[PDB]
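Entry with trimethoprim: notes follow.
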Amino acid sequence: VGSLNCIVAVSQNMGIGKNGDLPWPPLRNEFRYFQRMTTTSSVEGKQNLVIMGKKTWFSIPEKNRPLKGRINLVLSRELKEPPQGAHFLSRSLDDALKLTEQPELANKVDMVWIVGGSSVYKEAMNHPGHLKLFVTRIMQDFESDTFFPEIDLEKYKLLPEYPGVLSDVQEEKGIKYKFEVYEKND
Ligand SMILES: NC(=O)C1=CN([C@@H]2O[C@H](COP(=O)(O)OP(=O)(O)OC[C@H]3O[C@@H](n4cnc5c(N)ncnc54)[C@H](OP(=O)(O)O)[C@@H]3O)[C@@H](O)[C@H]2O)C=CC1
Ligand SMILES: COc1cc(Cc2cnc(N)nc2N)cc(OC)c1OC
């Protein structure tokens with residue numbers, strides 16, 4: 001796999017979670033952006049793969065699990081089989097990417113999306129090679145108990161624009177936010 005993508009939404013105080021859910025109220029178009037980015041593939045015969053930690057998996061509503069139209073892979077050191085409804089289980093990120101090269105997934109995976117949590121993001125951001133970070137900046141402070149690791153600007157560049165990503169400040173339910181894309185190359 002020659003490229004990874006991470007996708008996250010983060011408050012001004014770098015918060016990404018509180019009590020097993022988002023720190024802010026549900027933002028419907030922001031969620032629709034997450035669903036569009038992670039689901040869309042124009043390559044016939046292939047699907048995107050989403051990779052997440054176990055707490056993030058259990059943070060998804062049961063009726064929405066697995067994420068539809070995507071291959072769902074959970075990372076866990078303790079499980080022996082995927083949680084109920086998930087497609088694959090791997091002991092680490094390196095192992096997950098290697099799994100995509102094996103027969104079952106060989107002709108099947110287009111893009112790879114890391115969708116949390118903290119430790120998964122941290123590991124992905126230091127992975128060698130090309131990597132993009134799709135970061136939604138929620139432009140307020142929210143009480144949080146889980147945080148996004150610092151973006152190393154020695155490695156990552158904020159892109160001035162990106163095709164298919166809106167550049168202006170957005171607003172839903174009185175909360176302002178903006179979509180950012182960062183890239184590193186190694
Ligand atoms: N705002 C946002 O964009 C998002 C927010 N969230 C929020 O974040 C919180 C969940 O995230 P968080 O608490 O950080 O937990 P994680 O989703 O990272 O889950 C932690 C568990 O996942 C497994 N795991 C994590 N990394 C690895 C690894 N490298 N290799 C093997 N297993 C691994 C371990 O399971 P085990 O112990 O079984 O080995 C670990 O105990 C929730 O509040 C959720 O709502 C989540 C995603 C995005
Ligand atoms: C892991 O799956 C989900 C993750 C999120 C958090 C999230 C929300 N927005 C963006 N841009 N990235 C994210 N990772 C939000 C969700 O819905 C509100 C999810 O589905 C239940």
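For the single chain, residues carry numbers from 1 onward in sequence order. First listed ligand is number 1; within each ligand, the first listed atom is number 1. Computed over heavy atoms, backbone and side chain alike; hydrogens, waters and symmetry mates excluded.
- The ligands or chains attributed to trimethoprim are ligand 2.
- In this structure, the main binding partner of trimethoprim, as named in the PDB entry, is dihydrofolate reductase.
- Of the N or O atoms in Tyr33, none lie within a sub-3.5 Å distance of an N or O in trimethoprim.
- Lab note: contacts of chain A with trimethoprim map mostly to UniProt domain dhfr.
- Taking every non-hydrogen atom of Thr56 and a distance limit under 4.0 Å, the qualifying atoms of trimethoprim come out as 1 (C).
- Within trimethoprim, the atoms closer than 4.0 Å to a non-hydrogen atom of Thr136 are 11 (N), numbered from 1 in the order shown.
- Taking every heavy atom of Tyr121 and a limit of under 4.0 angstrom, the matching atoms of trimethoprim come to 14 (N).
- Those atoms of trimethoprim with a heavy atom of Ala9 less than 4.0 angstrom away are 9 (N), 10 (C), 12 (N).
- Trimethoprim has no nitrogen or oxygen under 3.5 angstrom from a nitrogen or oxygen of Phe31.
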